[PDB]
Structures are given as structure tokens and as C-alpha cells.
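Within every chain, numbering begins at 1; the chains are lettered A, B, ... in the order of the sequence lines, protein sequences first and strands thereafter. Ligands are counted one by one from 1 in listed order, and the atoms in each one are counted from 1 as well. FYI, side chains are in, hydrogens and waters are out, and symmetry mates aren't considered; it's all heavy atoms of this structure.
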Protein chains: 2
Amino acid sequence: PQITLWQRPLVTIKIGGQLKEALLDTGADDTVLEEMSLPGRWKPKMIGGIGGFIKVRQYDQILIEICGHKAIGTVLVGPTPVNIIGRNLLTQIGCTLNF
Amino acid sequence: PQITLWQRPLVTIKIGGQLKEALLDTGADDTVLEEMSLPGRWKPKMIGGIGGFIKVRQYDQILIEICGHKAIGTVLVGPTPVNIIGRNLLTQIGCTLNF
Ligand SMILES: CC(C)(C)NC(=O)[C@@H]1CN(Cc2cccnc2)CCN1C[C@@H](O)C[C@@H](Cc1ccccc1)C(=O)N[C@H]1c2ccccc2C[C@H]1O
């Protein structure tokens, strides 16, 4: 499919049964999801953005179904206002920027 | 061109007779360049991302060439680590996500 950028590119993702909405973010290196409990050992990582840095929990090798496509990757969890699907997961679904 | 997300999607922009790198960001509503001098008056604007909000200077009708494609729109100048090209300008150059 082809997603245009007039509005925010939000797609439905299935994170362990739960269907949430997420933003396809090309400027985001990592994927960051809202504060929730994921199975596994986590590592505190500090990531910075526009405002400043935030403290997140880094979970390795988690699977997320981004718009009907199974993708595996590292998922950071922390105080974010919107679920962000970064480059790490995006590449798995073979997403491209065309213009 | 068809850009893949294996690396940071950086392009060369020409703004004010000068070349500089910019990250093509689909998760960004606005185009935020780093602290630089621009002609014209500005207005106060407050945008927020991960880790809070910041104060940026909004300038309007700025000519900017993103990888050979001209675009004239609003540019925000603020304390950002990387020049960010947001949806506002991505739509002028006809940029789209595909997969
Ligand atoms: C991995 C992580 C998620 C931390 N990446 C980012 O946040 C990067 C950081 N770099 C910075 C960096 C930091 C350290 C090293 N290298 C680079 C600058 C670019 N952001 C990418 C943005 O796409 C993130 C989004 C998140 C968001 C979307 C909608 C609403 C709230 C938050 C973002 O910040 N978007 C906002 C946005 C962005 C610009 C202008 C206006 C707006 C409003 C909004 O669209």
C-alpha cells in the first residue's frame, strides 16, 4: 500500500493480542511504545528527542504485527504520548520513502 | 528517489545558498531546522516531542530545496540536534511511504 503524509501515518499494530494504534516514524531510530508490562528482562536506556531525554526499558526480540505483517525487533517502553514504530521495525516490513 | 530505512534517511537541502543535511521525518508534523539565521520576522511557536516541549521561532514562506525538489513553506528554527524535514514539506515534494 501507499501511505500519504497529509495526515499522520498511523497504523494498527498487534502487540501481544492487544490492537493499538501506532505512528510510522522514519525519523525514529528505535521503536517506543507506551508504558506497559512486557515479558522479559529489561535494560534502562536513556533516549532523547525534541524536548529532552526520557528513561525507558529496553526489551529485546519482541514481535509486533505492523499492519498485518509480522516483524521482530527491540522495543523500548517508556513515558511516550504516542506509539512510535521506528526504522528498526520498519525495515522488516520493507517500508520505503519515495518522491 | 526510493529511500530505504536501513540507515538514517538523510538528504541534502539547500537553504539560503547553503547545503546542509536533513533527516526526512514522517513522525514530525513540522520542519524544524537547527539554530540558524533566517530572513524576515518570526512568530513564537511551541512544539513538543519526546521528553517535553521546546520554544521555537516560526518563520513563514521560506524557500528550501529538498534533494533537488523546491519547496516553500513554514520552517521552525529551534534547539534541535538534527535538521528535521516534517510532513509540511514532505507533502510538497510528493513524498510517500510504501510497502
Ligand atoms: C527514537 C526516538 C523516538 C527517541 N526518536 C526521536 O524522537 C527523534 C529524535 N531526533 C532528535 C535526536 C536526538 C538525539 C540524537 N539524534 C537525533 C529528532 C526526531 N525525533 C523523531 C520524531 O519523529 C519523533 C516524534 C514523536 C511524536 C510524534 C507526534 C507527537 C508527539 C511525539 C516527534 O517528536 N514528533 C513531533 C515533532 C517533531 C518536530 C517538529 C514538530 C513535532 C510535533 C511532533 O510531530
query: Which drug name is given for ligand 1 in the PDB records?
result: indinavir
- prompt: Which bound partner of indinavir is the main one by contact count, according to the PDB entry?
  reply: HIV-1 protease
Other-chain contacts of indinavir, heavy atoms, cut-off 4.0 Å: A, B
field: Site residues for indinavir, heavy atoms < 4.0 Å
entry: A:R8, A:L23, A:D25, A:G27, A:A28, A:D29, A:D30, A:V32, A:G48, A:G49, A:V82, A:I84, B:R8, B:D25, B:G27, B:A28, B:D29, B:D30, B:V32, B:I47, B:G48, B:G49, B:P81, B:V82, B:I84
